[PDB]
Chemist: 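Attaching a single structure in structure tokens format; questions to follow.
The chains carry the letters A, B, and so on, in the order of their sequence lines. Heads up, chain A uses the PDB entry numbers, so what you see runs 1-99. Using the numbering of the PDB entry, the residues shown for chain B are 1-99, in order. Just so it is clear, the values below take in all heavy atoms, side chains as well, and ignore hydrogens, waters and symmetry mates. We count ligands from 1, going down the list as the structure has it; atoms in each ligand are counted the same way.
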Protein chains: 2
Amino acid sequence: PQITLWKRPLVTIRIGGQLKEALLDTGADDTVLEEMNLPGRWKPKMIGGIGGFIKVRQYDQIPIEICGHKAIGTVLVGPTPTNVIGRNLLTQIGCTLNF
Amino acid sequence: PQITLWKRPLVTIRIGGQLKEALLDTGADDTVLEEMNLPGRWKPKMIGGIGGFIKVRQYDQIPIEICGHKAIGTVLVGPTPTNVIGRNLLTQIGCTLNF
Ligand SMILES: CC(C)(C)NC(=O)[C@@H]1CN(Cc2cccnc2)CCN1C[C@@H](O)C[C@@H](Cc1ccccc1)C(=O)N[C@H]1c2ccccc2C[C@H]1O
């Protein structure tokens, strides 16, 4: 579809069998989701945003559905105020920016 | 133009008669640039994101050219890791997400 930017670009995603609302963020290199208990082994990691760095848990090969579009990749889990879908996943569902 | 997301969506902006590089960021509500001098009066403000809150200077009705397209709006300047063009300006140039 086509999403305008008058409002935050929120979409419904499905991960770990759960449905959530995430922001489509062309500015995020990675995907960061709110704290949740995903199964599997993970690696500790530090990611930086506008106000500094936060510690996150990196999970690989996680299937995720973004607004009815299948994708699979790395997802970082940490104390983030909102779920962020980054370029790593946006590229998979053929998402582009137009103007 | 149509921009893919395999690489960071960077563009050249012109402001104050100066050239700079910035990121098209749909996850950012506002536009924030690295510290620099902008004519006019500014008011102290604070914005937050991943990592936390930072202190910025707010300049209103600043003219800025984004990859050839003109916009006039609020520009924030402060200790940002990178220049970010937020939704306030993306909407002015008719930017949308497509997939
Ligand atoms: C991988 C990760 C997700 C951690 N990336 C980012 O946060 C990058 C960081 N870089 C920097 C970087 C840092 C370290 C290394 N390389 C690059 C600068 C740009 N952001 C992208 C931002 O789009 C993220 C959003 C997240 C958010 C949305 C709503 C509410 C809270 C948090 C963000 O920071 N948004 C805020 C925002 C941003 C700009 C202007 C105004 C506002 C307000 C607010 O919407």
Chemist: Which of zandelisib, naquotinib, ivosidenib, indinavir, cinaciguat is the molecule at ligand 1?
Modeler: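 Among those options, indinavir.
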Chemist: State what indinavir (ligand 1) is bound to in this structure, picking the chain with most contacts and naming it per UniProt.
Modeler: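 Greatest contact count: Protease.
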Chemist: Counting heavy atoms under 4.0 Å, which other chains neighbour indinavir (ligand 1)?
Modeler: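 Under 4.0 Å by non-hydrogen atoms: A, B.
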Chemist: Listed by chain and number, which residues of other chains have a heavy atom closer than 4.0 Å to any atom of indinavir (ligand 1)?
Modeler: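 The heavy-atom contacts are A:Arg8, A:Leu23, A:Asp25, A:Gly27, A:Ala28, A:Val32, A:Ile47, A:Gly48, A:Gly49, A:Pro81, A:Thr82, B:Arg8, B:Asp25, B:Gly27, B:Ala28, B:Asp29, B:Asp30, B:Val32, B:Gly48, B:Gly49, B:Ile50, B:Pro81, B:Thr82.
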Chemist: A:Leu23 heavy atoms, cut-off 4.0 Å: which indinavir (ligand 1) atoms fall inside?
Modeler: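 Taking each heavy atom of A:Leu23 in turn, indinavir (ligand 1) has 28 (C) under 4.0 Å.
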Chemist: Heavy-atom contacts with A:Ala28 under 4.0 Å: which atoms of indinavir (ligand 1) show up? List them by number with element.
Modeler: 3 (C)
Chemist: At less than 4.0 angstrom from any non-hydrogen atom of A:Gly48, what atoms of indinavir (ligand 1) do you find?
Modeler: 4 (C), 9 (C), 12 (C), 13 (C), 14 (C)
Chemist: Is there a nitrogen or oxygen of A:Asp25 sitting under 3.5 Å from a nitrogen or oxygen of indinavir (ligand 1)?
Modeler: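 By distance alone, the answer is yes.
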Chemist: Could you tell me the residue and atom name of the protein heavy atom closest to atom 29 (C) of indinavir (ligand 1), and the distance to it rounded to 0.1 Å?
Modeler: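 Ranked first by proximity to atom 29 (C) of indinavir (ligand 1) is A:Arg8 NH1, 3.4 Å.
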Chemist: Against indinavir (ligand 1), which UniProt domain of chain B provides the most contacting residues?
Modeler: Peptidase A2
Chemist: Starting from atom 25 (C) of indinavir (ligand 1), which protein heavy atom do you reach first, and at what distance in Å?
Modeler: B:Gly27 O, 3.6 Å
Chemist: Of all the atoms in indinavir (ligand 1), which lie at a distance below 4.0 Å from a heavy atom belonging to B:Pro81?
Modeler: 11 (C), 12 (C), 13 (C)
Chemist: Check the entry and give the organism for chain B.
Modeler: Human immunodeficiency virus 1
Chemist: Among all protein heavy atoms, pick out the one at the shortest distance from atom 32 (C) of indinavir (ligand 1); state its residue, atom name and that distance to 0.1 Å.
Modeler: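 Result for atom 32 (C) of indinavir (ligand 1): B:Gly49 CA, 3.8 Å.
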Chemist: Specify the protein heavy atom at minimum distance from atom 27 (C) of indinavir (ligand 1): its residue, its atom name, and the distance to 0.1 Å.
Modeler: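 The protein heavy atom lying closest is A:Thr82 CG2, 4.0 Å.
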Chemist: What is the closest UniProt-listed active-site residue in chain B relative to indinavir (ligand 1), with its shortest non-hydrogen distance rounded to 1 Å?
Modeler: B:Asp25, 3 Å
Chemist: Flag A:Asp29 as yes when one of its N or O atoms lies below 3.5 Å from any N or O atom of indinavir (ligand 1), and as no otherwise.
Modeler: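 No; the residue has no nitrogen or oxygen that sits under 3.5 Å from a nitrogen or oxygen of the ligand.
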Chemist: What protein heavy atom sits nearest atom 26 (C) of indinavir (ligand 1), and how far away is it?
Modeler: B:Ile50 CG1, 4.2 Å
